[PDB]
S.K.: 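Attaching a single structure in structure tokens format; questions to follow.
Chain letters run A, B, ... following the sequence lines, proteins first, then strands; residues in each count from 1. Only a slice of the deposited entry appears, and the contacts counted are all within that slice. Values below: all heavy atoms of this structure, side chains included; hydrogens, waters and symmetry mates excluded. Both ligands and their constituent atoms are indexed starting at 1 by order of listing.
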Amino acid sequence: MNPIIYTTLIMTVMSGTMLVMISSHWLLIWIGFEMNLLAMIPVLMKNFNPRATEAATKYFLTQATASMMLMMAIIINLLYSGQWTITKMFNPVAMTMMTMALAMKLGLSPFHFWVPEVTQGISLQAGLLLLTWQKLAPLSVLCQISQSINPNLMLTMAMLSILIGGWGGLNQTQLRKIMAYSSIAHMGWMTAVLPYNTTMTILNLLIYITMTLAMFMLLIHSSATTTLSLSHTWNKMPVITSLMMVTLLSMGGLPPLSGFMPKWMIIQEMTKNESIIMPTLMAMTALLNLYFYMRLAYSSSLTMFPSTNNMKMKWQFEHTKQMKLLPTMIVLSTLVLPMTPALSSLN
Amino acid sequence: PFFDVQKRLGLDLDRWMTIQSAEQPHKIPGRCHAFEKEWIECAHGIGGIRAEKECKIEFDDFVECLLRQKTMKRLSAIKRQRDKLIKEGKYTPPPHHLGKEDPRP
Amino acid sequence: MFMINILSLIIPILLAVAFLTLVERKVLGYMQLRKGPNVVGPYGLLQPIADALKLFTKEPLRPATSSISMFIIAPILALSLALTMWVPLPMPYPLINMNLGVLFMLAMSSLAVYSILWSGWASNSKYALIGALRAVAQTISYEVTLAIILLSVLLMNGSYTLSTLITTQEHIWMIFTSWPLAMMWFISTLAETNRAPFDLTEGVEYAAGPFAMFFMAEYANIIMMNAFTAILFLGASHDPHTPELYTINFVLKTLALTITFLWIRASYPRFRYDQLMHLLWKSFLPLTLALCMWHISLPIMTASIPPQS
Amino acid sequence: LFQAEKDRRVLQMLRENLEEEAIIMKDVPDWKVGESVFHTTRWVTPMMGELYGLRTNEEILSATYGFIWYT
Amino acid sequence: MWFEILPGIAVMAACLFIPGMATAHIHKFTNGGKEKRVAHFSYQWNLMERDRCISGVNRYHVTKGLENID
Amino acid sequence: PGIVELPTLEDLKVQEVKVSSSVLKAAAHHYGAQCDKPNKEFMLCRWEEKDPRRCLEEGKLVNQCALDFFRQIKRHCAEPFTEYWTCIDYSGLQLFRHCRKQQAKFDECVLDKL
Amino acid sequence: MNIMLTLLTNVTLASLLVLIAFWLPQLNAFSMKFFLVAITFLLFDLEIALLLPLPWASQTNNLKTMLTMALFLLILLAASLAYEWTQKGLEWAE
Amino acid sequence: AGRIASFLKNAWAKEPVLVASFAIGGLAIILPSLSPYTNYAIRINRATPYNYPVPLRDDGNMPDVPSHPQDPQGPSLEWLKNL
Amino acid sequence: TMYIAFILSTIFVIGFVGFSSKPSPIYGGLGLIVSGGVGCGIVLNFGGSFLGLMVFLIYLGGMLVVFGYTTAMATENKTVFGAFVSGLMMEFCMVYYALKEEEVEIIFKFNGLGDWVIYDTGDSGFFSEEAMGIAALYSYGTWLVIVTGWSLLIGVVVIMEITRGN
Amino acid sequence: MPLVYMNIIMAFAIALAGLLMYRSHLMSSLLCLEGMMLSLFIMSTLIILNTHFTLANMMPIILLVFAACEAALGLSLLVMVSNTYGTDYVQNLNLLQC
Ligand SMILES: CCCCCCCCCCCCCCCCCC(=O)OC[C@H](COP(=O)([O-])OCC[N+](C)(C)C)OC(=O)CCCCCCCCCCCCCCCCC
Ligand SMILES: CCCCCCCCCCCCCCCCCC(=O)OC[C@H](COP(=O)([O-])OCC[N+](C)(C)C)OC(=O)CCCCCCCCCCCCCCCCC
Ligand SMILES: CCCCCCCCCCCCCCCCC[C@@H](O)O[C@H](CO[C@H](O)CCCCCCCCCCCCCCC)COP(=O)(O)OCC[N+](C)(C)C
Ligand SMILES: CCCCCCCCCCCCCCCCC[C@@H](O)O[C@H](CO[C@H](O)CCCCCCCCCCCCCCC)COP(=O)(O)OCC[N+](C)(C)C
Ligand SMILES: CCCCCCCC/C=C/CCCCCCCC(=O)OC[C@H](COP(=O)(O)OCCN)OC(=O)CCCCCCC/C=C/CCCCCCCC
Ligand SMILES: CCCCCCCC/C=C/CCCCCCCC(=O)OC[C@H](COP(=O)(O)OCCN)OC(=O)CCCCCCC/C=C/CCCCCCCC
Ligand SMILES: CC(C)NC(=N)NC(=N)Nc1ccc(Cl)cc1
């Protein structure tokens, strides 16, 4: 792919998301979604191989079905209200269809399989962009339409997402599938807190994006896509393994790291509204995520797996490409707990 | 979520198309222009919760103009009663409804 | 009376198709220094009848490995769409006066593309299928070009009404106004109708009766295209009290255009497939877009925007 | 002139329909004659069904499809 | 010679004359010797309906005038 | 909610202008020039009241003005007007372009008489 | 109604002729280059669909804006054609 | 100007169709801006009456609003008549 | 009345049932063509002449032609008949319910009295409201034109890149 | 709401169900995807024309354009998959596992 074409497609994806986030018209929001998907498909199919083609095909099918459902919901809402402005939807059936379409776009359970499938199919940069941006946009739409969301359905989908992410991450071995299930669990947390405080939703989004960027960029730096491939990193650059370990600890919600702040704020907000059982179950279920994070950290940082012989040549040579904002994302993902009251600024 | 660039910069990207009581080409009015205008003027500036709680008469009038559910129900009831009456033969249509009348210019 | 009008529109078209076959044979003969059919009837005025009778009383060869549904539908669709495109044409009064007649013609042509694909896929033969695919590609490309040209021309008419076209051409000719568009329109109509130099398909499975259906559909399409071109670029003067003058003039212009079709077929060699494909996308399409821009800008810069009504 | 004629025709048709409704629905337990379905007292443009509900099928078809089917 | 092509062209012209002439004759016959009304717009359709109503014989082409009003 | 008030059929009766569209279109500019005041009053009433029931008297006045206008035309220029609207009626579109002679004669007649 | 009757008559006559001709003697007893043409045709057809409502758009009072938008659409169509030309999407080499 | 002149000369001998298309497009883009009749076209489009001219209630402070269609006040299409 | 629009809608649903039962790609394409023609008839009968002709032209001539063209250049059961029968039975049951009374037990509430009843007595003059609204895409709708053109150009680039291979 | 809207919504639901129930081919899935857009276009144009929403008449055209672009993208993906595997069967798309 030509660099000019690649940057044009990236800017088209970003422009589609910006159009979705700045448009007050349902037709314009749908147009932004269509543009985002259209420009996103080649980014997935950059490195051409049958696995990438299959991942792109599955992603296209899922996103097209979600877009059709979203347009149907828009039309149904227009039928009973005659309004195009994105506000509290005036029809429960249209609201349910919109919620299901946005859940399918985000990856919430039971619409989650395509997330690990595509993430394994595509490369690390494609997975990073996919997760981050393609979860950034529908969450903005949901935050705009929050006041009409059915709490029962939203919380059911959120809890299912958390459980499914935990169990999938427990069983998986591939780094990209682990990241996909982590994304599913964090989206579950965000959508669980969504019907109560969109500010907490945005805070969780920002923290999750920072941690995911840090983890994916560390994986790109180490050029590891499996557990055993990552197990050789300690013999070439042990600093990266330690940074990855602290990032994994933060993603598990362990205090006093940055990952504990979203869970803490969400628990507080949900327990303000006389909801105890849901926060308790959500907090207890994150232990599965922390378990597979710790299992991944054992193989890379806290132990020394056997190495190979060409690693000496690896030592002789030096990394050339420099990651952008990697130290900043590492610091922001582990040491911003004492700056929690900035959520008022985020408000 | 919603960065109101249109309101910040004074643009009109889609607010012209948002509602059907706005400026239409050749001043073509909508089907329910009056009802929508009344609902908007009732609900403006009081917030979503108060708009839903208070402008219920206006919203119901707008929805009735849009869908014509109650009017269709009333017409169907009248038609059903007329059909039942003419089945027994008690009621007979007038000449104009029967088809022998002079229309109006 | 409407059924009488429909029949008066339909049957003379088929008779004209048959005698157009006869006229094409005679004109080709006289251009090639031969004489053409002058034996079957007086000056050969029984050859279409003899050919029709033979093709009807000829044995068919329907393949065993063929979809009978498509094999029957394709000629029916082709003939129906060939006959349908005559109802909005004014001469001087259309049978069905439509506010948007041009879009109806475009839709009818686009549907008429389906006949080639269905006939190719009905034979269940690989080579006929490949030929049908190439024909479909050529037809859709020249459909794009025809649509852009027809959009460009009607910007000086004000609407999609052929009666309004006549009113516009009351004074002078759209061929005088926009002759490059006339050139490209004529060439694109040739390519769409698959006449020489664009008869790549004929340069097979159907025989006997069903073949005659396709032949009649193609010749009716040729006559309809010539009549449409005559109306669009060679508008005649219409007198409301004596409409027959316009009918005579329109028929003469249509005959002249069809005779020009036959003349070109006799005169010129055949294009290659890739050569004719490059002829459009690299020579006609850029000029068509430029002329579309020019014809959009011209009424605004000269304050000559046609009336909507 | 056409606006006045249209208003007069619409009012006459509405009055005829009201009289026929009063004649027919004279035995329903609770049925007000001429009752509106809107909370407002503002004039509402009559629907096509409100005008041609009780008339002949030929007139109904003419009123609903005459302009569409005329070519 | 080349004029032997004329009989076929003559037959083609005779065949192509029939549609337009027949359509014009039928339009004049079914409308009382006048061109068929072109109702391209709702205003024209309303005019036709008003003409039919004022004629009262259920024919829009039966025109009435000053002798009808007074 | 509420009962729709409708005028009775007795007050909805008025002498209609029983002329065809061709006749109306032939005498269109003159009709608009001569009966401008009642027509404008009725249109203003309709656009301000937004209710057909509130402007019946204006409609009756419009009908009366139209009838007076047509009677005045018939008293003086009945034959030129008849020729003009016969010429207009023939055209399917009822164009003014094809009757520039009958229109000229009618305009000469009305200018000299009225 | 008239158009429906005309279509029915045309279809009926075509079917009758086809069936008469069929039974009168029967008395008794992926190429990638070809695919890209279809996609390019579809995209240009969508552009044509956008460009169709031009005759009515010339009657508006915002003539400058309408002209700018029409020229913008045509320039984008030309740019798509030029991009395909330069990237060899119109080549029939093999 | 030698290089551009040579480029135009070569293009006019190798791709005359492309040269003609680009020239036509350039003229189409530029000419309407540098034309005096665009304002006339806009005025003609604005002068065409589609909707009914709903009258105004007289208040005694409308000197420029005519009281009759034939009154000298109000817009005049004399420019369109002589065009 | 004659319930012409209702009959057209029923035919539309039947064609959809067939093409969703999917006996084969070609037969499904033909059923989709039939359903598109029926929908164009529905919108034309309602009064959207330009939109109906636009759907006809675009959908059938360009969109379903390329589908068949791709299918024709590839050439690569009791379930279909069972699905078709089930769909026909469901549609007939819904039609019978709606005709007998207001079928409100569905997620929506439907009242059947007439598509002529649901119409309005308003009318325009010397212009088409649909045509003017669609032509307002240039006077108004400047943003829509820009975003749609950019989307089309990006789609051209996308289909160029994906089919490249490598 | 009248019965025409009911039939259009039922057609959309049937098309959606057909897409979600694959049989052998990916082409049939794309066909079912395009039927949903046809139903959406019909519903949108009926709603807009019924309420005389003049400025909304341009929405169905934009919807049709974007959905046709999506259809072209899907056809490109389908032909790439067919060139890779030999058939357009959805059974071959199983290299990636959940
Ligand atoms: C094999 C493929 C077949 C595909 C199609 C299968 C289904 C066919 C469905 C037919 C629907 C008919 C719709 C029109 C109904 C009447 C509406 C009406 O009055 O419209 C007035 C309008 C008037 O035109 P207008 O647009 O000028 O209207 C404005 C002017 N006023 C309002 C004054 C009338 O008529 C039309 O628009 C005419 C075009 C109709 C297009 C739809 C029918 C296409 C038929 C050809 C395709 C099918 C051929 C099959 C051949 C045999 C194959 C085996
Ligand atoms: C096979 C060799 C063909 C050689 C060329 C034949 C056509 C000659 C025209 C130039 C070449 C073709 C260019 C494209 C078509 C141009 C059409 C054109 O201009 O046509 C001109 C005339 C019609 O144009 P016109 O001059 O009559 O129309 C006037 C138009 N207004 C009023 C708007 C200014 O048509 C013909 O000459 C017909 C030629 C084909 C038919 C040949 C057989 C008939 C011979 C003449 C019979 C005359 C009596 C007929 C009955 C009269 C009853 C009252
Ligand atoms: C609008 C469509 C019109 C189509 C026709 C237009 C042109 C018509 C030209 C016809 C000129 C007359 C032809 C006469 C040919 C010779 C007739 C005769 O020789 O044949 C007889 C039998 O032939 C027929 O009976 C004559 C048929 C003449 C033509 C009839 C009209 C053409 C049919 C039109 C069909 C149109 C629909 C088809 C469209 C494709 C056998 O006679 P025979 O055994 O030796 O008797 C001994 C000879 N003697 C008496 C001199 C001693
Ligand atoms: C203001 C600061 C902007 C900063 C960001 C700029 C870049 C953002 C991305 C591009 C945004 C384009 C802005 C579109 C807003 C449209 C509204 C504005 O432009 O008014 C229009 C004015 O029309 C003008 O002609 C501008 C048309 C749009 C600009 C020309 C095309 C630019 C395309 C840019 C993107 C191209 C993508 C592909 C690049 C190759 C519409 O006119 P309108 O008010 O309603 O009615 C007529 C009233 N008039 C007569 C007084 C104007
Ligand atoms: C250079 C390109 C040529 C290659 C491609 C050409 C393909 C042609 C294949 C030739 C095989 C012949 C069968 C295919 C056409 C079938 C035509 C047909 O069905 O005709 C039926 C009809 C039957 O008689 P009726 O008219 O119905 O009754 C009155 C009797 N007097 O006509 C006949 O007489 C034909 C009957 C016998 C002919 C069939 C005998 C040969 C069959 C062997 C199988 C060959 C199939 C070919 C496979 C092609 C792919 C390898
Ligand atoms: C003497 C002239 C007087 C008038 C002069 C006025 C100014 C004229 C300016 C003309 C600009 C010059 C353009 C000509 C150069 C075009 C490039 C060229 O020469 O051809 C190369 C090559 C063709 O060669 P091939 O046969 O395909 O391959 C050969 C293999 N051995 O061209 C290309 O690569 C494509 C480049 C152009 C793409 C055209 C696509 C459609 C664009 C035209 C639409 C016009 C829109 C108008 C907009 C204008 C404002 C932007
Ligand atoms: C191009 C060659 C094969 N054609 C002919 N010389 N005549 C022709 N196909 N025969 C014919 C004549 C009239 C009719 Cl209605 C139908 C078919």
S.K.: Which chain forms the largest contact interface with ligand 7 when counted as heavy-atom pairs under 4.5 Å, and how does UniProt name it?
M.R.: NADH-ubiquinone oxidoreductase chain 1
S.K.: What's the drug at ligand 7?
M.R.: proguanil
S.K.: Using a heavy-atom cut-off of 4.0 Å (strictly under), which other chains touch proguanil (ligand 7)?
M.R.: C
S.K.: Which UniProt transmembrane segment numbers of chain C (from the N terminus) have a non-hydrogen atom closer than 4.0 Å to proguanil (ligand 7)?
M.R.: 1, 6
S.K.: Which residues count as the binding site of proguanil (ligand 7) under a heavy-atom cut-off of 4.0 Å?
M.R.: C/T21, C/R25, C/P48, C/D51, C/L55, C/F215, C/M216
